[PDB]
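In the text below, chain A, chain B and the rest are named by the order of the sequence lines, each starting its count at 1. When a ligand or atom number is given, it counts from 1 through the structure's own listing order. If you're wondering, the header gives X-ray crystallography, 2.9 Å. Note that these values count all heavy atoms, side chains included, but never hydrogens, waters or copies made by symmetry.
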Amino acid sequence: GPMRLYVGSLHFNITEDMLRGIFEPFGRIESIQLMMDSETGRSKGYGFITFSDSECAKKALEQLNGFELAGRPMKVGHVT
Amino acid sequence: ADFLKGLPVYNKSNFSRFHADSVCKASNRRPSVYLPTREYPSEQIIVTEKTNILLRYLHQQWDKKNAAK
Amino acid sequence: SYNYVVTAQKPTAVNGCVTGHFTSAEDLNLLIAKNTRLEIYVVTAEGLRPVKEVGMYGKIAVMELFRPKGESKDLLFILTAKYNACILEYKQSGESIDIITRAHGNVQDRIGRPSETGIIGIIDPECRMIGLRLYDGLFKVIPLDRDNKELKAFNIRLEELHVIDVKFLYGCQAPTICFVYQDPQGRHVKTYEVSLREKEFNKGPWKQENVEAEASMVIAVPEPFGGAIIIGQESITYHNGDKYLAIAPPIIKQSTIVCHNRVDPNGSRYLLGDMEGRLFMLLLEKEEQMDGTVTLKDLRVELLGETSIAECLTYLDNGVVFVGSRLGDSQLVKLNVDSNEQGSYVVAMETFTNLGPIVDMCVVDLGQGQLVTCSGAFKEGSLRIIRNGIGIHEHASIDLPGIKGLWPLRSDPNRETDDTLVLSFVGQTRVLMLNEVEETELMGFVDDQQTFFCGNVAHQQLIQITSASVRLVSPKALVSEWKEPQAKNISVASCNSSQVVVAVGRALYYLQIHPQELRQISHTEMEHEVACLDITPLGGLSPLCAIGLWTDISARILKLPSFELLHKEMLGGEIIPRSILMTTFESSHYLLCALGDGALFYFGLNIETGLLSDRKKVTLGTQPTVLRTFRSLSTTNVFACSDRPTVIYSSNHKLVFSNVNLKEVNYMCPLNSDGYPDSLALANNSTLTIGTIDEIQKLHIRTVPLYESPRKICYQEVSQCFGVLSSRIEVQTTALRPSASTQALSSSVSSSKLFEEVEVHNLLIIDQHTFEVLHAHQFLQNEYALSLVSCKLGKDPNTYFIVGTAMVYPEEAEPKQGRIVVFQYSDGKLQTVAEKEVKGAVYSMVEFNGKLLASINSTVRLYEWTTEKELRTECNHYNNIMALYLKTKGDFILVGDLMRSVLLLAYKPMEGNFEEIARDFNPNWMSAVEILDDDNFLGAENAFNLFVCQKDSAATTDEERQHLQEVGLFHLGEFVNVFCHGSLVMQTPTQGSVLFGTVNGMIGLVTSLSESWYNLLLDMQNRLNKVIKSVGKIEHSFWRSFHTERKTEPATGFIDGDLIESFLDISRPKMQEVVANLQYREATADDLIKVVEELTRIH
Amino acid sequence: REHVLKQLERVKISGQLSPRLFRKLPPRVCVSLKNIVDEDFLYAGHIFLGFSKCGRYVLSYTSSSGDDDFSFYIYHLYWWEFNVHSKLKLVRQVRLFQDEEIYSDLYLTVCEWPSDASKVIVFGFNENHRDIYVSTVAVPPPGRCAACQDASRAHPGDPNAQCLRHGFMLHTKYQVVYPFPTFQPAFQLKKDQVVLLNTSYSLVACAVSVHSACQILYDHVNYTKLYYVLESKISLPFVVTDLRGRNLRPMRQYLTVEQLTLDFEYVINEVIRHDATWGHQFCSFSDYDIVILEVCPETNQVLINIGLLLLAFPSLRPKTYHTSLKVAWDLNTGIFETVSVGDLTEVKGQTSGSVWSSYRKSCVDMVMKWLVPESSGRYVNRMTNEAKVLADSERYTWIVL
Ligand SMILES: Cc1ccc(NS(=O)(=O)c2cccc(C#N)c2)c2[nH]cc(C#N)c12
Ligand SMILES: [Zn+2]
């Protein structure tokens, strides 16, 4: 089946496009969702990414998790 | 008073003959207005570097990298 | 559609001031920035000598003096708000003053975003570069280098995106900036080195430190201290690396410090100014070392006293400090060593009138219109009454009829001030002495003959010329006496310090004044009887005698002592010259001659030749004029005594006339006493007046201090008084000082039951003649009065003051409750008639065809006023964001929105509701609006531009009918707070008259033109721009371009009246060069003169 | 700690009025979409995108099928005039990507250029290819266009008959391959009238402009200017139409469509042969990913970063390495100059996927580092909405969805 991933600890300036940039080279992406602040318009610093195939999502998690992006270590995990 | 003694004097004669109007007016307030009819050419011209910072930087670094060998 | 904008009053707020040696290396200069104007002064013995004023084509944002290694005097660096950079030099050869543009260019960056705390311009102490903070994230460096044709600026990326203040440090091997920045973590101070070779930053001399959260200012301390001082809300800190010193003095905790300046060149002492107008000294305690050097031991702050609220401070010389105020009058103050009884060390020497900010204003006919403003803020709050004409501040009035002449006199030779006033009567003379009042007798002077002249002469002697004799007086005694051979009467008399010419009928006799001797030099007989005489020595022994005759009605210049005729002028008519005078104005010599019918002739006069040129004529009064020179504020001017008293003076090398606001003056003389410095003595048929004259200019201004902030003003003719909203700060409540609202005759307090430092609002009733606060009505706790109108409503015959308010709470952030209150001022007290609750802030109100139009938040509402004395809503309009401004004409309503431009409504009487006619679809952050006419709407916005909107008179469809088209655009350079229909002139090339009031205290006038006049004057502009050079080499067209961050657009449909008027001030050849090619056909340099003269009469 | 009314008192005495000082405070006016949309469009599938920068328009798009063509997509864009509380008037309706059978539901985005409110630009995306649709639609006339009136006079026309500037569209489609080039709207559109399009094999700078009785790109390589007029092999095939959709007539007022191209393979091969310190151990290159780092829109410089995968000798046997080339690209000249060349790092066991992700992270890092804020004047507007609030340029007016 597909696979949602939490992506958090993002610099507040990372865009939905940038996540697509960083994650997409791993596999097909069913949906990317960066949580925005409805009041300010800036991101909440976190979001979810859905890979069409889970074995891909797993590689992305492995490769990207705990690694600095914009100087902020990126967190990536499995979500029910 | 300690802190007010020795207040700077550039010319002792300054304000010596200062007498103000009885409604606190002393200085003349209507200077002749400068209206140039003729003008001296400017010796130099101020201009900005058109090159982007990041360009300039990345060019520099590389230029002093190949200058290593 | 076609508009014309001219200055009626130049900006008066001080934005910056700097001191240095700019004109010469020796002299000491004060330079003052008033928006677009740069004033240049030289410090002298008497105080400030004006040298030069220059009008920049830009708002001056940065103004720094600096001296590079190979320079004899300081250079001036200016940056304007539109990023015009220049380096300027004062040059002088002989008498000719020029400002040289050493360097110029525009430093704007497209990529850049203007910073929170605005434009900051700093120069390295070793003049190695100029640093600019223009935008968040970028530091612009202009390397200073003589041997280049291109001063190439570069940007250095700055990781700190929110910079509060930056300075260059002293005593550094590399140029080093020190700055305060804000981040989530707080406020901090950091240093960087600026390397020109790397076009990059380097790690600075010392590390970063967390500082005060309210830290707002950086001071670069000079050697031998080096390092920096950081000023916070309640803390002052010194840093120099290993050394860190911090003081938290309680004294500074009350208010915020907003400006500073260095007193001692080595930085041992600094002046600091706070928001409440307190003045402090910051002392740095030196520590001498075995090694030649000096370390900072301690920091002390000391309260010196109170000044105006200072925008900027500068120490001048001999304990004299110039206080430049934005919110109040500017000042010269003295710092003393001894305090006064109140414990104050500060003494005011001079005050300069600042109208700014004009927050509201109205035109009243107190046939000449007077303008009354709401001026200033906080303790500086005031009303200013502005009139055309000149006023006399009377200090004394004495019952003395039949005065036939008037002379000032120094009795003591060592006294350099007048102590005596000699008066003339039909056959008598009386002598008066100033403590104060009361008369005397002067030895050597006669009292039983009429004095025709008297006063101080050469060799420490005195003179008196009567109808009988000339008396020279020394120890006061008669030391010489001249009489006519046959003892005939002297009929006319004139005298300087050295010479005497007297007339005996047609006989003329020339005397000289020597030690204890009146020496007859020569004699002659004129063709006709002598009417009047003058021998003023022009730039103290005259080679010239000016004479007016009977019979031929002639003015003549005669050589002395030969009495040879150099020039005869037939004045014409059957009326004799009454008074004649030779005078200098602006190192230019004139003969002035006044006829007994009230006409005045003035000529240019050549000392060497004696030639009169340029008979110009003016009409002053019906009665004969008597001319007398006087000195006022270091300038020589002529008083013309008549039924219409006038001062004659010079502006831009041309003679100007201004009415003095008195009934009639027969005779006058200047009076420089100890009690009345540079005063004037005036005499009508019955009174001797002593008083001070207001500044010699077009505008005459009166100040009514309130000691709290005025907010709105309106006039109530029927009550013969003004209503003024004001607010005072009270502390947690109890007031800070007595002010207008706490000192009324009567007072009232709101009793409505409808609903850290605090504001307390009031409606002030102020007498229109005396400007006494007759009554003050205090609003509810937390109620802010926003709007005010005086008017009649409905069928009700009473006239009311109506106030719109808003409830403002600490734990809330926008208004949701408000009130409209109807007051009646009757029998000395303010009565509350009616009160209407509303669900927001009542931003604006206008009377509208006997109804009350109001704006509440984003709603515009129309109320009717019922029989039952209540406001009843008729209709609403809700399509606004924030309706702050309302203007009406007929059934039309112009709506100004803070963020959403202008909107035109109409009231439909049959439908009984509003209709949106059209709106301006450009976003514009409005400050003020006016209706110019039915189809033309004037707006001023937040970027200092004016624009004019029109209904589309070509609209075919209804959709097109609904756009307001922006047909006029113009960068004004001011922030408009109020627009007003009216004129300061008595009252054609122009239609309509809208005055405006600005934050900087500028008063302007907008008027309309025909397409024809516009096309002529626009062409004129373009020609004037090719002839007239702009200091800094800024293009006029660039300056006047409509400029916002979204768009930049050339000005259209607007003529710069100031430019146009300056055509009268250029040289004749350059005048002709402007008119080079033109049609009527060909060039009428004199016809264009006649045209512009018309345009100057609109104000 | 600030209150609206305290801020306004400040304004009158200081004369500093700026959107960024009230940015502390809550929206001035919120409106509900339910309350400003008409009844007819209420169940016709509109998805509202946002406000124009000028704040005069909300606009939206629709995605319907119909006919016998199920799972077959039509895209229309619509301009609505916002008038606060009153209902949104419909000003323009326009079909996107003409002549085009779309067998899949697109991710759609509309953009406005920084300083050009005359045209708007729309992007549509999405078995080892990816399809990209791009449309440039004229913006409705601000007020009353004299030329537009002539279009309803000199030509009888009717409602929706407009002149060229205020009524032309331009379509285009291209394919794209792994690694799928990033979407960089802020850079792609930083120069007015121009969009930079990454085809995987080249970068194409296209420009449209209207003129009346010169060149937006190549002034003073692959250039492709041609003209079109009103009335009935190249890098990037396109269709130029009017609002109704009639093909515009070529010329050889009027329209100018330009196309400057940068062939990645040329650039790579030449930077190695010329500038690379290791070009004499290079063999060949497998794959590349081009990311825009900056666009200097006045000087017309485009800085790009080229991530490479290649084969080279170590200094025995060849092996695959990763590097990045940095290249400037004049738009007036058409010439590119090397800015920087990186070292080779052995890719060993890392997949291609993780090599590209890792290359892109370093690009993001770099942009972020050198990022300077802009004025509200010059930002590229990007609108999107998939399946809460639509805010003005300044967030003082909200449409609550
Ligand atoms: C590397 C990178 C840079 C920029 C963008 N997007 S952008 O051009 O819209 C942008 C965003 C934020 C600031 C700016 C600026 N100045 C520009 C990218 N999108 C996906 C990316 C990947 N990998 C990527
Ligand atoms: Zn058109």
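In this structure, the main binding partner of ligand 1, as named in the PDB entry, is DDB1- and CUL4-associated factor 15.
By its PDB name, the drug at ligand 1 is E7820. Counting only non-hydrogen atoms, chains lying under 4.0 Å from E7820: A, D.
Heavy-atom distances show that, of the Zn(2+)-binding residues UniProt gives for chain D, none lies under 4.0 Å from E7820. In the entry, the organism recorded for chain D is Homo sapiens. Looking at the entry, the name attached to chain A is RNA-binding protein 39. For chain D, the UniProt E7820-binding residues having a heavy atom under 4.0 Å from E7820 consist of D:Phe183, D:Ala186, D:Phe187. Heavy-atom contacts of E7820 within 4.0 Å involve A:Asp17, A:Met18, A:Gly21, D:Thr182, D:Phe183, D:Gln184, D:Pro185, D:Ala186, D:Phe187, D:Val291, D:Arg360, D:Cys363, D:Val364, D:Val367, D:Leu371.
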